[PDB]
Amino acid sequence: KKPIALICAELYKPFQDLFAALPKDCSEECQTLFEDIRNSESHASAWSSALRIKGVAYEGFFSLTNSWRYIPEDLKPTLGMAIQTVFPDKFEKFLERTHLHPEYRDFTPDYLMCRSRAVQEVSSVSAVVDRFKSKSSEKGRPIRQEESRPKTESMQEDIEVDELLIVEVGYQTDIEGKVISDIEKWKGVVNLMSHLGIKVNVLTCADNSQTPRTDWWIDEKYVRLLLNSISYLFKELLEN
Amino acid sequence: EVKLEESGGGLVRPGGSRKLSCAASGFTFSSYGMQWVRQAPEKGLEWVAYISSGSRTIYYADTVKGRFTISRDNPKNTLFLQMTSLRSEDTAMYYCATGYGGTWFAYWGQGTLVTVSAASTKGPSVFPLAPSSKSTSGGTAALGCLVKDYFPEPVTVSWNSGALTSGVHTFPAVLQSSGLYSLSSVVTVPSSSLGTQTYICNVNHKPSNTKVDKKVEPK
Amino acid sequence: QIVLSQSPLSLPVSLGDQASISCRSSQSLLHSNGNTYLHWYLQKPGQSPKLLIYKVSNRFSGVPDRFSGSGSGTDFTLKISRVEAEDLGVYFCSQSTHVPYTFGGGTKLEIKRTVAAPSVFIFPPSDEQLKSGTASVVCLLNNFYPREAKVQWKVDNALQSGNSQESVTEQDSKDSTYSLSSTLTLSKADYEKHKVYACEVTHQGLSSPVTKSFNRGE
Ligand SMILES: O=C1c2c(O)c(=O)ccn2N([C@@H]2c3ccccc3SCc3c2ccc(F)c3F)[C@@H]2COCCN12
Ligand SMILES: [Mn+2]
Ligand SMILES: [Mn+2]
């Protein structure tokens, strides 16, 4: 009934609110995508384009919520780049053990950080794992978490090591399914990391629109922005 | 000076529970990992548990997992061990320890004794080991006291209120099949002093609040 | 578990002589951070343990410089360059590279001295204990070196089994000897059925096994 271009006009305000709160680079990407939806000849184009807005915007608010840097996909570091710059003395071995699984070197998580020392820096990795584990324990939110560990080694108090934090996030209906497949994907490289004596933590989580607005991995004020924009776009897309 | 001071030991029935504490002083407790180590009588040292400075990392020896909990209270410079489902194999001196900079045991407390047993607390029977020609050699006679069937362990023995120290041998107790302990204490003195010097063994068993003073005379 | 194997089990050494104690690990103790968490402790009799050496070769602050440690991987050594009397006790290695943290089983450092045959004394039961229905006979081996000794009980020349217990002191700090008690426990009825109560001691300081005995009546 409603043409799609007309559908975008109606939600001009909610989408304006959305672009204004997103980080700068995330905002512009969502603004290009929005015009692709307005100028969409087919309802499959519009849908696929709206799927990208749902994920990209959500990531922008995940960055804001956690005070991490939003990284456009084009500029996201892979694992190989992380090992090379952060652990340069192990990269050659990191290349040898990936001879049979070369896709590992090209794994690109949503966030690839390291403890303060294009890998982003964070002051404490253990605190990020705790905050994830806390909310999982408190609101029943499904996560998966893994830590590399050479042999059965103990943590130590007389020296500091470099370490990575690998985080995957998502906005999609099958929350359980997302974290299981994410952790299955990274399990191989965790084991590789144990064998190279590199400390990594892998975290994965997801939200969906049925998640109570106080319980998401993003601030509730951002939950409201997504529900009032990207979620009404999807509902109006199907009906008309 | 760094000091660690354990408390909370005592007697527990099998299956029972018990919480130990370790008060720490002389260093910034909250910046360091803390540990528990134990030692069953006449055996070697056995690591129990580690807890990181901010309590985020905890490790347990396999033989205590699911029964023991380690925790700390940093504002009160205190380390805790909660023991549950205790077994007689948990009988040991328990020590808290820290590396004060690492995971090695650089500083140790004096330890607290935990006895896991259903035996009833019991003061000792104290019998003389009287001097005779069967216990004399040259100008020396041996004599002593048999300290039989006490529980739990801690028992002290002195002679003449601690004035007699030369030649004293107080033997380690033996855990009997009854669940009680027994030891003897002996001393060699000049045979010329038999008949003129009085010899009393002073047996102190605090767990039962019993003190025995036994005079040992030739028969 | 990491298994740590110490050798020797006991080390008799003369004052002033060097001592060497070995600790072998079932797997490498090199941690991925580059450190090697093998440490040495001394436990003196009746005291809590004390740290001597941490991470292979670092002497703990205040420890006498006669103590040193070396090794790498799975093979480590504690050396006492010149033993003193206060070094009597049990030496332990331990590792904290892997969880669980584990200890070696201990090496007992014993101070060498000249042979000293035991003085053997026997004590019949006290009348007071007999009044109660039991009879403990005590046999005392006093002030002997070295520790190896054999003590058996005979009652009218019949060897006794299952009714005696034995206790040994730690090595004495003044004269480096040992003392040993052996206690035979009979019922009062069984005790009053027999005449000769005998303690038979074997020690290398004795020219032949010594039987120390009394007759119940006397
Ligand atoms: O990094 C991701 C990614 C996410 O992280 C995500 O959670 C969902 C999905 N993703 N995918 C994104 C993506 C990202 C955001 C919103 C929707 C989509 S939908 C599939 C698709 C993506 C990128 C380009 C493209 F042509 C796609 F068809 C791909 C999965 O392969 C690694 C890159 N990547
Ligand atoms: Mn991604
Ligand atoms: Mn994602």
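Every chain is numbered from 1 and lettered A, B, ... according to where its sequence line falls, protein lines coming before strand lines. Atom set for the values below is all heavy atoms of this structure, side chains included, hydrogens, waters and symmetry mates excluded. Each ligand, and each atom within it, is numbered from 1 in the order the structure gives.
- In the deposited model, most contacts to ligand 1 involve the chain that the PDB entry calls RNA-directed RNA polymerase L.
- According to the PDB, the drug located at ligand 1 is baloxavir.
- Counting only non-hydrogen atoms, chains lying under 4.0 Å from baloxavir (ligand 1): A.
- The heavy atom nearest to atom 14 (C) of baloxavir (ligand 1), out of those in A:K54, A:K178, A:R52, A:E59, is found in A:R52.
- Checking only distances, A:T108 never comes within under 3.5 Å of baloxavir (ligand 1), N or O to N or O.
- Baloxavir (ligand 1) lies within reach of A:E73, whose nearest heavy atom is under 4.0 Å from it.
- Taking 4.0 Å as the limit, the other ligands and ions near baloxavir (ligand 1) are ligand 2 (manganese (II) ion), ligand 3 (manganese (II) ion).
- Within baloxavir (ligand 1), the atoms closer than 4.0 Å to a non-hydrogen atom of A:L51 are 16 (C), 17 (C), numbered from 1 in the order shown.
- Residue contacts with baloxavir (ligand 1): A:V169 is included, with a non-hydrogen atom under 4.0 Å away.
- The binding-site residues for baloxavir (ligand 1) (non-hydrogen atoms, 4.0 Å) are A:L51, A:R52, A:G55, A:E73, A:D110, A:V169.
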